[PDB]
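Entry below: contains sildenafil.
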Amino acid sequence: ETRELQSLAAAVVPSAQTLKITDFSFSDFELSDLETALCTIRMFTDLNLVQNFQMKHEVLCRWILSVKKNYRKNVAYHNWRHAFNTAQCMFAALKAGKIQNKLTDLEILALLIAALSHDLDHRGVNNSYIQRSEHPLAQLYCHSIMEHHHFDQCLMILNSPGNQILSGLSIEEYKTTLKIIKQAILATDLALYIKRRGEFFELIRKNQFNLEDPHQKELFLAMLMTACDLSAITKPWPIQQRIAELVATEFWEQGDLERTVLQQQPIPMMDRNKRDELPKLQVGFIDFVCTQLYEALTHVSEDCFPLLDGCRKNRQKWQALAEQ
Ligand SMILES: CCCc1nn(C)c2c(=O)[nH]c(-c3cc(S(=O)(=O)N4CCN(C)CC4)ccc3OCC)nc12
Ligand SMILES: [Mg+2]
Ligand SMILES: [Zn+2]
């Protein structure tokens with residue numbers, strides 16, 4: 001622990017190119033926990049966030065390890081690896097996808113922090129499950145229960161001694177940054193994505209999209225977050241297939257809880273008896289949620305196409321299995 005920290009602060013950080021983190025095709029699967037922390041340091045560095053905000057090396061390392069530790073290893077999918085991947089998709093969206101110079105430094109700082117923080121202390125279970133099972137977290141919060149908890153955890157970490165990576169900021173810049181972080185985290189609630197999609201899609205469709213407008217900037221950021229959150233849907237096939245079983249593992253565990261705690265029939269997505277239905281379900285997922293989103297991000301930035309390409313290729317593959 002104090003040893004993992006001394007390991008990390010002493011290590012050489014390889015370049016962005018050596019670590020492959022500018023590729024939309026990036027895979028974490030064969031990296032050690034230590035190597036993922038190294039990648040993260042690089043991400044903060046090449047977005048000019050260490051330089052622009054006076055982050056001490058030792059402090060960023062301690063924060064990165066604090067985050068990593070507050071994810072739950074026993075949770076099939078919503079653990080550190082997902083948080084890390086989400087951040088890597090953000091980093092590629094900013095660098096390879098060229099979103100970077102459409103945003104301010106404060107926004108980028110917020111997004112990257114948010115990407116790594118957005119699922120902190122997840123329990124492998126829904127908002128619905130949390131609500132209906134009367135879990136304590138649903139007395140503190142009445143909408144986006146999990147997402148509000150994730151932000152609270154994030155805030156709690158940014159403010160614990162030795163971990164204050166935002167300390168270089170003025171009271172004004174700090175308040176601004178937290179506000180963006182909160183909105184970014186809240187935006188990773190699929191319900192709120194569905195709720196605001198249509199406005200974003202009409203803006204694109206009528207060629208009225210414009211980042212100069214404060215309201216549209218906010219919207220775009222929310223969309224970006226969803227794009228990164230769902231990004232495993234865009235990876236090469238060996239990766240996507242592997243990641244899908246993890247997500248399914250996580251759902252099936254929830255279905256168990258729903259059968260015993262709530263006494264209801266879990267929905268196919270969530271029933272292990274219909275393990276057979278996974279392909280068809282993934283196709284449905286892609287069609288209803290993902291493709292339209294990556295189609296739009298590609299209108300915002302030509303260079304984000306590889307995300308939509310990846311998504312369409314995974315659709316073909318799942319559809320092939322859906323007919324056996
Ligand atoms: C909170 C988890 C979001 C998510 N991440 N990832 C990687 C996936 C995924 O691969 N599949 C699904 C998924 C979504 C639907 S859904 O789009 O049909 N579902 C319908 C109802 N809405 C409200 C939510 C999504 C159905 C099946 C799924 O996976 C089974 C392996 N969700 C996620
Ligand atoms: Mg989430
Ligand atoms: Zn997530």
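The chain is numbered in sequence order, starting from 1. Method reported for this entry: X-ray crystallography, 2.9 Å. Hydrogens, waters and symmetry mates play no part in the numbers below; they use all other heavy atoms, side chains included. Counting starts at 1 for both ligands and their atoms, in listed order.
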Enumerate the ligands or chains that make up sildenafil.
ligand 1
Just wondering, which residues come within 4.0 Å of sildenafil (ligand 1) on a heavy-atom basis?
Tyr77, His78, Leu190, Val247, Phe251, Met269, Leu278, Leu281, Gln282, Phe285, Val289
